[PDB]
**Student:** 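One structure is given below, represented as structure tokens, and several questions about it will come after.
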Amino acid sequence: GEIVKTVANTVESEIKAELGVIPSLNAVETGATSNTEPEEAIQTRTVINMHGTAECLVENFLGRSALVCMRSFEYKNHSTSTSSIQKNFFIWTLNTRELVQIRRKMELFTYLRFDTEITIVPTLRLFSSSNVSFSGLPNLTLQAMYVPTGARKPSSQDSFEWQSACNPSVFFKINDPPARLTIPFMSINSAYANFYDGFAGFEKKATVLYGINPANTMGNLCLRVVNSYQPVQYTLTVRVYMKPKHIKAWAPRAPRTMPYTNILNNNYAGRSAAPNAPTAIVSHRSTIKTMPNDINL
Amino acid sequence: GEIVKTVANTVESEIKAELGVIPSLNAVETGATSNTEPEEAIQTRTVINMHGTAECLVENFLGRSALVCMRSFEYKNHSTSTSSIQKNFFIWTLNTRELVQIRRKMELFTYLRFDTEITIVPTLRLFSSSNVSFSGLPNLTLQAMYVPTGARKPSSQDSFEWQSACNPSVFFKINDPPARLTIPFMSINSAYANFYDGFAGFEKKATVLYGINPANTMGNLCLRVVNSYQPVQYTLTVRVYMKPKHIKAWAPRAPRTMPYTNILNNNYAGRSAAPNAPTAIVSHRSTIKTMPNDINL
Amino acid sequence: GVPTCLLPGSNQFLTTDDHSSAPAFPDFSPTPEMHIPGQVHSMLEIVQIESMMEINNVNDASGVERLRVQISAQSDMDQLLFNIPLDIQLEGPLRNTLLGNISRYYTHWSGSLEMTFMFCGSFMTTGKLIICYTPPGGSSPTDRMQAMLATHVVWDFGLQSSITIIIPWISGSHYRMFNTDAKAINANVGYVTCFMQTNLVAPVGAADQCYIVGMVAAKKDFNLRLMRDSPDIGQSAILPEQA
Amino acid sequence: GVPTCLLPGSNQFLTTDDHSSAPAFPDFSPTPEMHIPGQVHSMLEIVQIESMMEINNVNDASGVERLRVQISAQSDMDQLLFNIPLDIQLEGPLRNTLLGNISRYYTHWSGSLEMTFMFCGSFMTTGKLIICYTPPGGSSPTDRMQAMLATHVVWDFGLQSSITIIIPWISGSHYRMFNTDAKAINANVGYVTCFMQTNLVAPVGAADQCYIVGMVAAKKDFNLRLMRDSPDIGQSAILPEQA
Amino acid sequence: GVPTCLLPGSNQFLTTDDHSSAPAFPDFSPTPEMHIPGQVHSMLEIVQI
Amino acid sequence: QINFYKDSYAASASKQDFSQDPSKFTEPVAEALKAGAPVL
Amino acid sequence: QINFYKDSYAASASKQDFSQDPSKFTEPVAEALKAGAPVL
Amino acid sequence: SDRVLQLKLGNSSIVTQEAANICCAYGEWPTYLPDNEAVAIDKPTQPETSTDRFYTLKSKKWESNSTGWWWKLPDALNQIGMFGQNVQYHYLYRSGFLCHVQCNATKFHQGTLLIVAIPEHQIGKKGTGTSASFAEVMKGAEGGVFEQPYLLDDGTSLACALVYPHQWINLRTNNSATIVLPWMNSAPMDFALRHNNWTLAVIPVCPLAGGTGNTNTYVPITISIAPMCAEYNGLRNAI
Amino acid sequence: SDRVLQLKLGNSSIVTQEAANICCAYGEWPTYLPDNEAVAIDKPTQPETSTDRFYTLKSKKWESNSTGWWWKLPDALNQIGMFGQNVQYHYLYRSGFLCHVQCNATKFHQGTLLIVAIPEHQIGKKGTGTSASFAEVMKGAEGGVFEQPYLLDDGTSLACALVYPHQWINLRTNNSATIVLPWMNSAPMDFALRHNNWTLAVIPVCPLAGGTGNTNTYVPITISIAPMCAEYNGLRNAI
Ligand SMILES: Cc1cc(CCCCCCCOc2ccc(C3=NCCO3)cc2)on1
Ligand SMILES: Cc1cc(CCCCCCCOc2ccc(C3=NCCO3)cc2)on1
């Protein structure tokens, strides 16, 4: 382990014709990457590089705010002849696999440990009814409460699990800056696992799904409109952005090539034709001797 | 009294066969909790724990903002042929027993001393009339004034007890951040008492209710809409959240098991069936030898 | 003025924030502190106290019968007496305990536990029991043949009327979850079984049928995290001043 | 109060900001770190690992045939074997590589690359190849007459079954773009060609037709800038818990 | 600019707050104090009469 | 504790105090019971 | 790192660490392969 | 140190033979009120021998279906001797209490009593919204009877009643219990006729039983309470 | 140092002649769990010679159309010898694995095998939303067969499979491969019957072939796995 502020420099070289020295020849069967340096592989000069490597760090690779949730729900009167349930709220079943870009950057590494900064951005619209008139959006109050594993799940807008006596909750308005807070590293293990080659339960039944981690029970995020229902119908879209910090990564993975189909597992259906086809990840070319982008003069 | 930054460590042990030494045997008739250490009760290894205990402190157990009040009232024209009273306000009769979660966490200890941070979150709605049109919520001004014991209680929105020449009052808008302030420890005694086994008056009549503390006369909270009535009817819901700070707790209680029925006393009706039934706090199982969650292979 | 930019998270009300606030009563003089016995500094001090548990939680026992357990003079040998699940989150004997009630405010727990069983027979009643904690992974032991292989303590009645068994922290992960799925790996703790070792022997003058009282507590290495609203108590409306 | 003016950029949510935020769980105690092998500190450590590439990316090869290249005993001399474009941004052999996949998250790249070719014939099979990197500016070389003039390495099969050619950083600008126009000056890197040097000779008992496996990686002087959402993976709707 | 977040209790008017305020009359010169008999410093001095 | 205001009770959450005396609830006996010995 | 809040995990992005050990992925061999020599 | 014990206060002296130990509530011993914590300015009266002595209350029979009994302090002693007289002639009071519970049974008998001192014990009645009346709460030395010992008549659990200072009388090894209680109030003193600090509750966890010759054995339970460090302020006429 | 190698663990000793080198996963050697990282408090059992030894699994024939094979650890050894017995009698386990792959062919044969140790390898099935069943995943020492070695049965790429520790068996210069794997878990220990840390996958990159007299040569591939630094905690009955 050595400190690399800038990439390696290049030193000047001369003619090299020596017996028993073969830098260009390598034995990749040993599993070791070829160590042939450019300096004595070819005829080089002296080059000094000031190019920084800070942006290539995992700190900057992952510590960048990415969308992980987007729920849209109706804010209206949901009462009926006998309903008594407002249902102006949503639950998320906390996870980080619904958005493919952030999911792929999670799964570039086997193990990740980080404290995450969470930003909530709400947006409002009016539903287009037969007779609707818009001249402004109300400044509604929204409560986002984290419900940990095994705690009560609110069943309605008017439910009394929204007291948040112990459950952390954040109150914010539409016109206020988007809500922001920080979740510490909250895994029962020493790191989050993007893959779990096993089962989360002791059972041998088909109910226990393969690949479920008995450490990914992150809990739930219950978001509600604090204001009661309005005379006219609205729609609220909440976007939750996740930003890792204080990141350590372990055992880099093979990058995902096929589109994700669900969040429970890493199954894939493949695309109809290349690229990223079942039998064809890279698109076809004419032959191995044709150049697809030939510069012809 | 010793400082406990992290939980106790474990030391390695060997075979123990000595006469006259019986760590596993205890005399709980003395009222003392069994002191049998895991190290010499079983065969243990050396384990060093870095697990912090800060979140298990009473400071963090109680110093967490919890809902203690929620009043909803109509903001409209309440005048009639001869009323002359606007009545666009509410009184609370200050207490901390209307919400069961915060009440239970209060009553986990006999005595509590703390300075409380109070947050007021208002929300507006339009009443759904026969002909109502909504395109925005007004930015109303609200005055929340604490009226101590024996002081005047305002009788209307236009009443003149809202001068607040000595009574502390806070003015805040709907669109502004929720109001926040701090009440110091204001008991005539050295601590708040969650239970009072006695009567608050010298009388022997039935009017003096048992369990009323002659130190819980906290006063009143009078909240008003400063703006006069609008041409159309609104509804205001005010939520008051209470957060203890600088907390000392004395004489821990037995946790409450039955649902509360009122705020004047700790009477209970019990739930129809187990769990938390009058005769059955914990739900039934088949027999004492059956396992309700058996893992069958 | 000072250059300033409002970051995201401004104008928000977080119920877990830690900030100073404007004092409503300026220059107020609080009552001086008076020494009161029994001051509590941590929640971990109360989970270490003994607390009886409802082993007899069957639909035949009403009230105090549920805190006490049948013990019989046996006409057979090697018979199982009673079982104890260790699912604090779910409905079991360990929920209505100081340890259970306090830890159910939290989501993650760690550390070894202890169980004390007190014999409440007659002075002339003798007996031998074996109490076994079995780590999870399989089914509950039904015969002493399989129960002896796990952690166990042999209790002989005498001058000391109570025995203590330590349930050690045997877990791959640092912490365990109070998950509604008690059957999962992160939530399952293990099994507790009681087997008669030799027999329960009482003379003719003494009552033949005796009782065990079970109690559970935590040790010095117990830890809790992610405190939550407990499902112990509920509410459907604001509590009035009436019935 | 303190004089204050809100500058432009207040009340904005920038996804690349670096500011402290309110902790949602006060005084939370995280799990202590445990040593795990294979800790990664920089993305540049993974682009330096070998990674096979799809040289045989034609509409006749299905799966693993695309990671391996036909090599023939020739009835002629000086014949071209295969070509390798160096357009990481566009659809080519170098995209599905560790170097390619990681660098496609970035927009600008710099530094020399390396290619290792491993011969997978029989021990009695002998042969000589020449691998030439040609700097951009003209057409791809078709004859060894023009290919020998650019950078090249002569590979002779033997005990060492793999050869390494360094593609040096020959660019006027400090960095190069992963531009969709691979034909532009800022994006074009050059050409890679393989020519038989003498022949591929195998005995009668040995298989006449052998294979080369090609691999590409970066050197110590490799740099990346302006990281971007990769076009590798797409999404049309929120991923459900179903098919 | 300086990183800043508006806490709850911002934009509120508390009648018992203790903060400095903008002077409406800049560089105003008040009348010098003159000794007046019977100065009161505490309310507790009058309950003792 | 930062306490931007004049009154001390207006400060934030008090500085952490980890002093623990479980004995007052776990061994509230006048005669101390020594570990590893018959406690009668 | 400025960390205006009490908890340390509430701080901003961690201070830059440029330590690089590519060998663990590039030369994970018990016997070190010397450069410029037949590696067999 | 042994299972024997002698408690000698004033003219009273209780000797016990099958005891366990002395339980001091929260690890404290009752003491006189110091100056820094005093509120009343007139001198309190401190009659040591006349009040700090054992008062024996009227016994209860332990039945097979007994639910339990409770005595509220200082209500149990408010009508007895110099302690009661000083309570009647004075407004403010302060004293700790040493409680000793007697229960004698043969070695062939089985049964277990939990003797728990609950501080500030608010009785909550069940199936009604009305608070408990003065007659039901203030019972004097004659004591009270538990409706629901399973719930401690509070809505709480008897299982979790071990936070409070407590003793077990197990007939195998005990016949007497001793608990020492210091002052329990948020105030230095209080009014005795309207408030009780402590509630001593004896709950039979395991029923009394005998085999074939010891059934229906009349076994009484006796309560002896000794005030300690009693101070009284505010002398006036009796009420 | 040379192409020869001897691995002697316990009673087992493997000598290889046409080897390349020893690949240590991420440049680490398996070690026993230290105190500062331990979680379980009872002593773990450490049977050195009885468990830390080479177990030889059942061989597979290398065909011209072979797609590849995979063995999940410690599932492959969960049914074998003292390692399997200690896994069955214990809840928690921890061990590294030394994997040795044998493949013998003549100098006239050609072919290349990639032996890759993938950590935490979640198998993703193709053309279905249903997760893989217990039967398909937990295969024991009998092993598994790759549907899509091109995708590693993960949706990933075989081309990018060189991040994982790996060996090449090239018939020109190799007949044996050796990879050493330390503990791979976010936790110090785990449950063996429900989770696998490592997956050893042998994928034929270049098909086995011969010229005019060496076609259809029956060439087996053998797997020998040696646990190292095995600890077990939580003694109980077998399951
Ligand atoms: C792999 C892997 C990685 C992880 C980390 C998941 C944590 C980040 C998910 C997004 C967090 O979502 C939250 C949103 C809001 C709140 C919040 N708490 C108090 C009020 O709202 C908490 C979490 O889990 N598995
Ligand atoms: C037990 C026990 C504990 C207590 C403490 C109760 C105090 C906290 C109750 C909530 C405070 O409610 C207030 C709300 C607003 C204001 C305020 N004062 C100036 C303007 O509004 C004051 C109190 O009382 N009994």
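Quick note on labels: first sequence line is chain A, next is B, and so on, each numbered from 1. Remember, it's 1-based here, ligands and their atoms both numbered in the order they're listed. No hydrogens, no waters, no symmetry mates; every other heavy atom, side chains included, goes into these values. The structure has been trimmed to a portion of the entry, and contacts are counted only among what remains.
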**Student:** Which macromolecule makes the most contacts with ligand 1 here, by its name in the PDB entry?
**Tutor:** Capsid protein VP1
**Student:** What drug do the PDB records list at ligand 1?
**Tutor:**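 Answer: WIN 51711.
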**Student:** Give the letters of all other chains that come under 4.0 Å from WIN 51711 (ligand 1) at a heavy atom.
**Tutor:** A
**Student:** Strictly under 4.0 Å, does any heavy atom of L112(A) approach an atom of WIN 51711 (ligand 1)?
**Tutor:** no
**Student:** Find other ligands or ions closer than 4.0 Å to WIN 51711 (ligand 1).
**Tutor:** none
**Student:** Hey, what does the entry call chain D?
**Tutor:**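 The entry lists it as Capsid protein VP3.
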**Student:** Extract the source organism field for chain A from the entry.
**Tutor:** Human enterovirus 70 (strain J670/71)
**Student:** Could you check atom 18 (N) of WIN 51711 (ligand 1) against the protein and tell me its nearest heavy-atom contact, residue, atom and distance included?
**Tutor:** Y146(A) CB, 3.3 Å
**Student:** At under 4.0 Å between heavy atoms, which part of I183(A) makes contact with WIN 51711 (ligand 1): side chain, backbone, both or neither?
**Tutor:**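 For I183(A), only side-chain atoms sit under 4.0 Å from WIN 51711 (ligand 1).
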**Student:** Indicate the residue and atom of the covalent attachment for WIN 51711 (ligand 1), or state that none is modeled.
**Tutor:**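 Covalent anchor: none.
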**Student:** Determine, considering heavy atoms only, which of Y192(A), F185(A), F195(A), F25(D) sits nearest to atom 3 (C) of WIN 51711 (ligand 1).
**Tutor:**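 Answer by nearest heavy atom: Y192(A).
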**Student:** Does only the side chain of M186(A) get under 4.0 Å from WIN 51711 (ligand 1), or the backbone, or both, or neither? Count heavy atoms.
**Tutor:**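 Neither; nothing of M186(A) gets under 4.0 Å from WIN 51711 (ligand 1).
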**Student:** What's the shortest distance from atom 6 (C) of WIN 51711 (ligand 1) to any protein heavy atom, and which residue and atom give it?
**Tutor:**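 Its nearest protein heavy-atom neighbour is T96(A) CG2, 3.8 Å.
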**Student:** If hydrogens are left out, which of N95(A), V68(A), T116(A) has an atom nearest to atom 8 (C) of WIN 51711 (ligand 1), that is, the closest non-hydrogen atom?
**Tutor:** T116(A)
**Student:** By chain and residue number, what forms the binding site of WIN 51711 (ligand 1) with heavy atoms closer than 4.0 Å?
**Tutor:**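 Heavy atoms within 4.0 Å: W92(A), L94(A), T96(A), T116(A), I118(A), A144(A), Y146(A), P168(A), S169(A), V170(A), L181(A), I183(A), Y192(A), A193(A), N194(A), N216(A), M218(A), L221(A).
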